[PDB]
Amino acid sequence: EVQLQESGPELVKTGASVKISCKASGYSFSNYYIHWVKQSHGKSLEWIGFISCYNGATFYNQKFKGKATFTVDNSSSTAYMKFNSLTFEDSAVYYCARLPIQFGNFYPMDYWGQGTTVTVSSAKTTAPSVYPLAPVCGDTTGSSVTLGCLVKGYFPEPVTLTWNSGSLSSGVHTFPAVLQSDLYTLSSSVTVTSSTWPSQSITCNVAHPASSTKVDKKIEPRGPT
Amino acid sequence: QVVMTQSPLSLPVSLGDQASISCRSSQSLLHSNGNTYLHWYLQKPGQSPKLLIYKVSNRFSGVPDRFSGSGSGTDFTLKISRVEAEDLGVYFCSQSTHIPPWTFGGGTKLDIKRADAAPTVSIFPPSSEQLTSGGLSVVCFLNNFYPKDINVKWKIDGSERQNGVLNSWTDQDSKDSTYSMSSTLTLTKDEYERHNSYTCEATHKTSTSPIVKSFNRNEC
Amino acid sequence: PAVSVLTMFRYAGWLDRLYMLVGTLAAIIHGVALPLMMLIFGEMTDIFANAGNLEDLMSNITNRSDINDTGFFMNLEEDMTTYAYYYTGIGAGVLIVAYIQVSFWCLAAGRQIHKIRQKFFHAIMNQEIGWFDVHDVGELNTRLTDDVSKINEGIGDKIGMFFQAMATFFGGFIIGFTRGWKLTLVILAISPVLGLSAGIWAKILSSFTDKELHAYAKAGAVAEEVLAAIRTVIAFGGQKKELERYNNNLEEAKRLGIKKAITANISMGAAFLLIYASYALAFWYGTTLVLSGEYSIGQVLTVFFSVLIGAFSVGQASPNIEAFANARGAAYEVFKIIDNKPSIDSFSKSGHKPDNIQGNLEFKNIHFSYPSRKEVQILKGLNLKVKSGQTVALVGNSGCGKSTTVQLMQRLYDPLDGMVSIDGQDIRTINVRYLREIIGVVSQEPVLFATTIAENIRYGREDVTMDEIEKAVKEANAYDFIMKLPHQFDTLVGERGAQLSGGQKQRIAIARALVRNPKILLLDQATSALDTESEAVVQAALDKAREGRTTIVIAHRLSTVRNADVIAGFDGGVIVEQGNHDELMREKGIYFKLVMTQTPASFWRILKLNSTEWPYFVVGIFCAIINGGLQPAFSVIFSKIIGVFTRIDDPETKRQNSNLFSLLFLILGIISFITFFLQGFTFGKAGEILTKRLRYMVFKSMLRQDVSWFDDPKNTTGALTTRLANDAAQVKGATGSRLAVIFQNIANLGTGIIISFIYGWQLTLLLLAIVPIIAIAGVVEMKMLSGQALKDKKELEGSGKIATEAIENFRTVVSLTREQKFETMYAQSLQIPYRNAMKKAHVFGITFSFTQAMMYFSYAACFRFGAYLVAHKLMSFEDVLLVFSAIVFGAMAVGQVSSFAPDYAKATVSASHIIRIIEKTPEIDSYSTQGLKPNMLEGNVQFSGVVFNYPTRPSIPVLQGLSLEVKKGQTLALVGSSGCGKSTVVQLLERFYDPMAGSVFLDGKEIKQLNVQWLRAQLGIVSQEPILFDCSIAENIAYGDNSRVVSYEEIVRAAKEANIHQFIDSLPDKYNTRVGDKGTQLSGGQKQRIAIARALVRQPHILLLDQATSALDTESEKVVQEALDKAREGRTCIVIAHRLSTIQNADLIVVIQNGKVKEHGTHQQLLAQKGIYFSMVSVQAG
Ligand SMILES: O[C@@H](COc1cccc2ncccc12)CN1CCN([C@@H]2c3ccccc3[C@@H]3[C@H](c4ccccc42)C3(F)F)CC1
Ligand SMILES: O[C@@H](COc1cccc2ncccc12)CN1CCN([C@@H]2c3ccccc3[C@@H]3[C@H](c4ccccc42)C3(F)F)CC1
Ligand SMILES: CC(C)CCC[C@@H](C)[C@H]1CC[C@H]2[C@@H]3CC=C4C[C@@H](O)CC[C@]4(C)[C@H]3CC[C@]12C
Ligand SMILES: CC(C)CCC[C@@H](C)[C@H]1CC[C@H]2[C@@H]3CC=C4C[C@@H](O)CC[C@]4(C)[C@H]3CC[C@]12C
Ligand SMILES: CC(C)CCC[C@@H](C)[C@H]1CC[C@H]2[C@@H]3CC=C4C[C@@H](O)CC[C@]4(C)[C@H]3CC[C@]12C
Ligand SMILES: CC(C)CCC[C@@H](C)[C@H]1CC[C@H]2[C@@H]3CC=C4C[C@@H](O)CC[C@]4(C)[C@H]3CC[C@]12C
Ligand SMILES: CC(C)CCC[C@@H](C)[C@H]1CC[C@H]2[C@@H]3CC=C4C[C@@H](O)CC[C@]4(C)[C@H]3CC[C@]12C
Ligand SMILES: CC(C)CCC[C@@H](C)[C@H]1CC[C@H]2[C@@H]3CC=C4C[C@@H](O)CC[C@]4(C)[C@H]3CC[C@]12C
Ligand SMILES: CC(C)CCC[C@@H](C)[C@H]1CC[C@H]2[C@@H]3CC=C4C[C@@H](O)CC[C@]4(C)[C@H]3CC[C@]12C
Ligand SMILES: *[C@@H]1O[C@H](CO)[C@@H](O)[C@H](O)[C@H]1NC(C)=O
């Protein structure tokens, strides 16, 4: 069994430095290199650099010289990069993988760490603003009706949105959170039968456990407004 | 740097037949040795990227015999044989034999190959609490469509707008195997009280005319 | 027969136990320097290996700065220096630890031997003469010498080296189990066969310098038999049978030497096969594991080297327990003698001290038997008394009781029953030192110490002044000859000094007894073989000494029996006759019977000696260049199999190159085994052929040459048996082995220095400046393994002869009670080489330490300069490892090769001696077939004026013009006096010499021009003492006429004319009864009859009879005269004699003096002329 596994996910502010660790466990740690790579959101994996893992002789990429620095710890069998001089562009998911030293470059990176993410923030905690969304006043013609409720402006992730606190699972299309202006935005919707609404009561229950905020807005039909 | 270009961006594979991915270099990966190095990794969602095919023809110890490599020069191919439900990840192809940029490939997801379908577009008006707070936020849902080829477009009173807009696509369903997405226009309050015809465009490959949905503000 | 471990160290103080307890810890700390050296070597090769992979990755980036290929390589350069300090630490901390390891064991076991040696000699000297009668003297002397040398080598330095080998073993396995364990278990699976082969090779190595005189000793006995008596061999024509007798046993010794050489060299070759096959197995599994990414190359090198040197150290720790295994047996033989307590204890001082002693005495019923000869009781029930001044004498039976009471007076034995009491006081309650202080004795045959005259008087008493000595030697009637002395009393007298007469030593011995000032003077047969002209003056001297002492004279010349006071006679061990002279005359007993009866090297010549076996030398040197050239092949294969890992490559290319190089290790192992076996076998055969052929040729050319060559004291039987026994096997080591050494070393270092100037030269100049010291390291370690202790024992010979000189004549010392002088004479002569051995231990320890310290500083300096030279890209790491491996391991290999062979200087001086012996040719060549070879059968020998002097000394002319003619058939006899040389013309008849002026006219013909083998074919000789051989009596008798076809019937005939024929028939296995030390021993008369029968086998025309006196049987005289009278009838005889019972039937007797016949004629004529013959009849008639 060979297993590299890594730290936890970060939530660091802009300008600070972060240390992320790759605890190699299950092999003879003092031969193989350790290669640190970076994957952005939906892009090709770039390559940052490696460490000699016997005497700490490092080699960086060209773009990442200076704003990264690696260090080893042979006793605990880990490897670190202390990632100074943060920008917004350095929010990614970072992996570690090993290369043997007797026949490196002529062998693949045979085992990879699980990879854990770095999230550069610039603001502080803010409450969500749960708005409900009604069907359009005017035309109501279809035998299937769609109900949604928007959550805008919160920070930071996650938010547990659930219609009726878990009694409705018939088309809840919960969407991923979208970043804009360093403020997240989630949305969600469900399609129910035409005979259910507004004849029955239904609502979502937004909970934001990062700020202990639990809001329960009941949707209403658009009448005069 | 060999500027690698793995060039399917997705692969609509069914469940129980053959799949085929490319991997196309930008300089020939023949070393002075008689060997061609480029390797093939499976990356499951969330977990660590595993190794499946290395040194294009060989096979790593542990992976089943459904996998096979091919090709030489500047064109390479992995071949799944009779795909199960367990091989659904994203596949990419290191490397450069001209180090140390050490390039990697783009990636290729997989699919479950639904039959074609049409979206059910829905526009929701701005909420009354957003009318009290002082912004506009109009949201368009459109659900249960296949495949993932769409370009939604927002048009106000017959005039286009490509600023202040979001898009969020969900991923593949494991119960019906379809997609859905959303767009949201976001601006100030006073922009909302100048127009009536708020429209959307559903440019899907399964129709010629885009499915337009609309509502008018001044009546309710 | 061995002692326990806690007994051998019982003669150690506390400084010796401190020396051993520090030497053990220094042995263990020196034990674990080599596994730690391999650990730091593995860690360094790991550093150099890791940096190299990074070099190429960097190499493909073209814009990379020089400071870049400095930082990775700067780090390599900086790390190297800390390991240079590690190596200098191990070197300077093994220097002082090896110095404490060697110096504190040679000291602590030279001190115990220097105590045990003098305590053993003191234990020998304080023993009973009865115990000394049972044990041998030569066995005891050899016991002293070789047993104390074995106890010196058994605890000397072997135990510290044993602890070092065991500590290296344990350090090797601890490093092998804590660095990486799978490879250690793999090599430990084949560990027992490795240790077994190393143990066999170590037993071969430590027992290298050993002469092996067990194969040759049959021929050695043949040579020491024949060369002990050479005058007989030339006379009887004994050449071809003697050479065949030598030749067969020599062939057997050749065959045994062949098998020993083949076994020794296959035992060396199997060890190198196991070394290289273990290299192949361990690197095949090591690069199965390092290509799986589990170890590195550092851990593979470290656990492989450390487990290998562990298995070979338990290999080499076996003979150092063998030496302690047999020193346990030698210490029993020493400690049992030093354990025993004598019953009389002549060193103890507890008895009485009488004063005013006069010498009253009483024998009271003594019943005594010998403790050696137990079965017969000689004395019983004796009762004799004496008063003051009464000179008692005793006469009677022969040798029974004449000596037992003269020994019992000094208390040499206790009586088993009875109690002799001196002056009414017990003899066993006096202090025995004081008891032997008051009684003097003069022995029958006096032995004299090889010292000066005055020092021989000094043994009488150590407080005497020279005035007393001078008045004693004038008092004892000895001053006449001693005033004709060269300078003074410092005159060297002895068997190596002036060869004196028996009466002179006799009267100086009574003079020593007079300086003792005895009170009960004893005399036992002071006229054993003394002439009548000296017995009168020594009798006069002892008659001057008789006034005032209780004298007991027991001697011959039964005339002072008249002047004696009281006489007694032996009767079956009970003396019952007592009375004065005329009273014994009227008793008419045995005394009446007495008065009735009496009254350039040139090394090409040494190889030119072996010009017949060049089809062995060609395959020998063609095999030796191959066998001494595969050390650079091992260096290049080791360098490539490590340099395949300091480069980046595929996995499969690395796998197949490692498989190829492990295969080349196994192929090199099989080739090295085959070439060691053949280089052993062919030089073994071409050495033993020259030993056999050179021994046969030197024996043929040594037997042939003249009689005068055997007369010089540099050609003795001992020296010639040494130069025949020891020198063929020392010319065998200057023809083949020297060529093997030169060709192995010239391949082993020419190939190394040539390829190490090809690859990297700035390192090999440095290593070539170091190489002589590490070659000397190899040679001094190989001197330590076998030959260190052997040299020292030849130096100690000052006390080597004092002990054997004072243990032979032990009876003289115990009579004198002067043991303390001999003990201090031993003590100071032992005190000087003890200090010399301590200085040699303080030299050998420091030289053996400094060579090892240079051996580790070679690693340090070489790899530091190698790292600097690598970090500027002009040598790779594999080339630095190649240069180091060649020009270090080749230097250790030429050290071990140049010391493993035998020496050259002793070999070339032995070759010069053999080449100067085997080619020289005398004038009387005994193999010259040329000559007249006539048919003469009458034999008229006519001398005419022969003038002769011996070549051993030209200072005394002995023959002055002798003319002598013998008539046919008559028995012409010749008798003379002392110093005249009665047998000179007797030896000259066989041409044993050649006189200067004059000639022999054998029927008018000179012996110069005859054919010598014809002359020996018609000539028979009788010797004084016969020379008997280790064959049957049929060939001892049939020896009389060699080169013949003599059969059983003439042996029967010569037995008829011998009167031993029915004596042969009285013996079982009649002619087959082998005689010797393996057979029976005969009396003088029977061996005389053997000689006469042997000479009379030939049936010659002329006989030569040469007889001497001092026979003790004296009853076979009539039978040897009747066989001579069977020969005095038709065979011309020449007779000398000492018994004058042949002067009547001899025909023409001659007086010989001044080289001239005094007078011709018969017996009555020369007796009536009142010449010297009148004097001999007047002497022997009284
Ligand atoms: O010289 C010392 C110090 O050892 C070293 C120290 C530091 C560095 C070294 N580097 C290389 C080699 C040795 C190094 C080692 N002696 C060298 C000589 N051995 C001798 C010896 C003698 C003749 C031929 C071959 C051998 C070799 C081993 C061996 C086995 C059984 C009995 C004796 C020996 C063998 F038959 F296989 C003993 C140890
Ligand atoms: O010189 C060589 C070859 O020896 C000869 C070559 C040619 C001819 C010869 N002729 C006669 C005698 C020897 C000859 C011998 N050294 C002797 C010293 N070794 C030492 C050594 C030391 C102690 C115990 C065992 C060993 C043996 C080998 C070894 C391995 C690694 C490091 C050092 C050594 C080992 F651990 F297995 C090296 C080879
Ligand atoms: C000047 C003299 C007296 C000092 C002698 C220095 C020697 C004995 C010392 C100096 C450096 C020491 C080494 C330091 C580090 C190591 C590595 C460790 O894991 C095993 C022991 C080992 C290998 C030590 C062995 C003993 C050592 C070699
Ligand atoms: C004295 C000799 C004849 C006894 C036999 C010893 C040799 C031939 C045997 C004993 C133990 C064996 C080893 C035991 C373990 C393995 C693991 C295997 O996966 C590779 C081969 C290897 C390394 C074997 C090689 C052969 C081996 C070393
Ligand atoms: C007597 C002791 C030393 C055991 C000796 C074992 C030797 C003879 C045997 C055991 C295993 C063998 C190896 C097995 C496999 C091969 C692969 C071949 O392509 C090269 C030779 C090589 C590498 C052999 C070398 C010889 C070898 C090492
Ligand atoms: C390239 C040239 C210089 C290499 C020549 C090698 C020479 C210098 C070396 C290699 C082995 C050496 C020999 C090794 C052994 C001995 C035995 C000694 O009792 C006499 C010197 C002698 C015979 C040496 C003479 C010089 C020698 C022959
Ligand atoms: C390139 C030239 C300088 C090489 C010359 C090599 C000379 C300087 C060295 C190398 C090996 C040395 C020999 C190595 C071993 C011994 C054996 C010893 O019992 C006598 C000295 C002797 C014979 C040395 C003499 C000098 C020597 C021959
Ligand atoms: C008379 C000549 C041969 C000197 C004998 C002692 C030599 C062999 C030993 C004793 C001290 C040792 C030195 C100890 C310290 C170091 C410093 C290091 O940075 C280089 C090696 C070096 C310099 C060692 C080289 C070898 C050395 C000089
Ligand atoms: C025999 C005598 C005269 C010389 C012996 C010492 C020689 C063999 C060795 C001992 C240590 C070695 C030195 C080790 C350290 C360095 C410092 C490095 O930056 C240059 C090389 C240099 C200077 C080496 C030159 C050779 C050297 C001095
Ligand atoms: C790298 O490139 C620059 C200019 O392109 C040049 O100045 C520099 O010397 C180069 N470095 C080396 C080691 O050539």
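The lettering of chains (A, B, ...) simply tracks the order of the sequence lines. Residue numbering for chain A follows the PDB entry, covering 1-225 in order. What you see of chain B is 1-220, where the numbers are those given in the PDB entry. Residue numbering for chain C follows the PDB entry; the residues present correspond to positions 31-629, 693-1275, in that order. No hydrogens, no waters, no symmetry mates; every other heavy atom, side chains included, goes into these values. Counting convention: from 1, in listed order, for ligands and their atoms alike.
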Trainee: Going by the PDB entry, what is the chain that binds ligand 2 with the most atom pairs under 4.5 Å called?
Mentor: abcb1HM-EQ
Trainee: Name which of zosuquidar, pemafibrate, udenafil is found at ligand 2.
Mentor: zosuquidar
Trainee: List the other chains that have a heavy atom under 4.0 Å from zosuquidar (ligand 2).
Mentor: C
